[PDB]
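Looking at a structure with ponatinib today.
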Amino acid sequence: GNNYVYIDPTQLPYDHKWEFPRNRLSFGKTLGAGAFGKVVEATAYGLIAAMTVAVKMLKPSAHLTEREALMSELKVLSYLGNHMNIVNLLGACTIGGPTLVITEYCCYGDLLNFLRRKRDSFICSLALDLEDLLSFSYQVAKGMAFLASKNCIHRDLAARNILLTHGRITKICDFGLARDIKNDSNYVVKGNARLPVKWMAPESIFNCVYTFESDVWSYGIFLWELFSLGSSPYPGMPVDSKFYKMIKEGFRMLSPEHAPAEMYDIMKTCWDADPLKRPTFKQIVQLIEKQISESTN
Ligand SMILES: Cc1ccc(C(=O)Nc2ccc(CN3CCN(C)CC3)c(C(F)(F)F)c2)cc1C#Cc1cnc2cccnn12
């Protein structure tokens with residue numbers, strides 16, 4: 001069934017129940033920006049009282065193409081619904097001004113910078129420790145399991161696309177238009193596209209197919225970011241003809257030092273060249289559940 005269909009976001013309904021009075025939004029600092037869009041912190045009144053929210057709005061430079069993208073984004077978040085381990089949609093202002101999408105604000109920011117900020121404090125096996133890492137590994141697989149169950153393929157899963165909020169709960173997100181991928185070197189020109197190659201499955205790279213199983217490969221690379229406390233993958237190794245050659249041959253990363261053995265076995269299986277031998281996210285959630293209990297006490 002689900003291997004043969006996909007949701008076309010332009011074919012989803014937009015319910016106007018999301019529409020929010022744009023004069024009840026007060027904008028604050030920018031959290032991230034791309035050419036045509038940005039994500040800004042904001043205050044919203046009477047949305048659920050004053051509350052802090054995040055807003056992804058189009059810049060003045062933006063074209064119909066980017067507006068369409070943002071409207072499709074709105075439709076997908078509405079379609080996905082609101083869940084613990086995915087960024088939650090709160091509202092939108094799509095007329096009478098810049099088109100924008102309103103979500104919850106995640107108070108600890110994106111996971112990659114957080115891990116980097118916390119690397120030096122790390123308590124080997126408040127500060128970070130192994131159960132934090134396991135908890136994040138679990139919550140991301142769990143969120144992805146839900147995405148897969150809705151037949152939603154992420155395509156840019158990596159630590160930079162995860163946010164962290166209260167109680168060290170992770171929220172999968174996608175900055176999309178509001179990231180400056182031209183000046184982010186994790187995105188590499190490949191044809192007529194800058195792509196997150198070091199995170200991508202071979203079949204995606206060479207064949208431009210993105211599947212449930214290619215997201216699992218990126219999750220593997222994410223695991224390596226996580227247990228490497230925010231290190232860039234394939235250190236010292238530029239994307240080029242040689243890098244492509246080497247992934248195709250079976251070259252893979254060695255375990256991060258802080259990864260339990262079972263976590264690295266998960267990474268390795270995520271990285272199988274045969275998409276069909278990779279675990280599903282449902283399976284990963286199970287294995288990590290067990291690890292977390294074993295690692296407790
Ligand atoms: C305002 C805002 C609007 C939208 C989104 C957003 O994540 N959009 C999104 C679009 C698509 C998809 C799924 N597709 C992926 C592509 N794929 C090809 C198809 C399926 C998903 C996903 F979560 F489901 F993954 C999310 C995030 C923010 C934020 C924020 C925020 C909150 N706190 C902080 C603190 C610091 C910085 N930012 N920030």
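By convention here, the first residue in the shown sequence is residue 1. Counting starts at 1 for both ligands and their atoms, following the listed order.
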What is ponatinib (ligand 1) bound to in this structure, taking the chain with the most contacts and naming it as in UniProt? Mast/stem cell growth factor receptor Kit
Heavy-atom contacts of ponatinib (ligand 1) within 4.0 Å: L31, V39, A54, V55, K56, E73, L77, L80, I86, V87, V101, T103, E104, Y105, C106, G109, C152, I153, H154, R155, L163, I172, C173, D174, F175
What atoms in ponatinib (ligand 1) come closer than 4.0 Å to a heavy atom of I86? 23 (F)
I'm comparing ponatinib (ligand 1) with the native ATP site: which UniProt-listed binding residues in chain A have a heavy atom within 4.0 Å of it? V39, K56, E104, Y105, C106, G109
Could you list which atoms of ponatinib (ligand 1) come closer than 4.0 Å to a heavy atom of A54? 1 (C), 30 (C), 31 (C), 32 (C)
Closest active-site residue (UniProt) of chain A to ponatinib (ligand 1), heavy-atom, 1 Å: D156, 6 Å
Can you list the UniProt Mg(2+)-binding residues of chain A with a heavy atom under 4.0 Å from ponatinib (ligand 1)? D174
With heavy-atom distances below 4.0 Å as the criterion, list the atoms of ponatinib (ligand 1) near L163. 30 (C), 31 (C), 32 (C), 33 (N), 34 (C), 39 (N)
Provide the number and element of each atom of ponatinib (ligand 1) under 4.0 Å from a heavy atom of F175. 37 (C), 38 (N)
For atom 5 (C) of ponatinib (ligand 1), what is the closest protein heavy atom, and at what distance to 0.1 Å? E73 OE2, 3.6 Å
Sub-4.0 Å atoms of ponatinib (ligand 1) with respect to non-hydrogen atoms of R155: 18 (C)
Within ponatinib (ligand 1), which atoms have a heavy atom of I153 less than 4.0 Å away? 17 (N), 18 (C), 19 (C), 20 (C)
In terms of residue, atom name and distance, what is the protein heavy atom nearest to atom 25 (F) of ponatinib (ligand 1)? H154 CD2, 3.3 Å
Ponatinib (ligand 1) contacts in chain A: dominant UniProt domain: Protein kinase
Give yes or no for whether the N/O distance cutoff of 3.5 Å, strictly under, is met between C106 and ponatinib (ligand 1). yes
For ponatinib (ligand 1), which atoms have a heavy atom of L80 less than 4.0 angstrom away? 24 (F)
Pairs of nitrogen or oxygen atoms, one from ponatinib (ligand 1) and one from the protein, closer than 3.5 Å: please tabulate them with distances.
from	atom 1	to	atom 2	distance (Å)
ponatinib (ligand 1)	7 (O)	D174	N	2.9
ponatinib (ligand 1)	7 (O)	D174	O	3.4
ponatinib (ligand 1)	8 (N)	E73	OE2	2.7
ponatinib (ligand 1)	8 (N)	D174	O	3.3
ponatinib (ligand 1)	17 (N)	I153	O	3.0
ponatinib (ligand 1)	17 (N)	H154	O	3.0
ponatinib (ligand 1)	33 (N)	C106	N	2.7

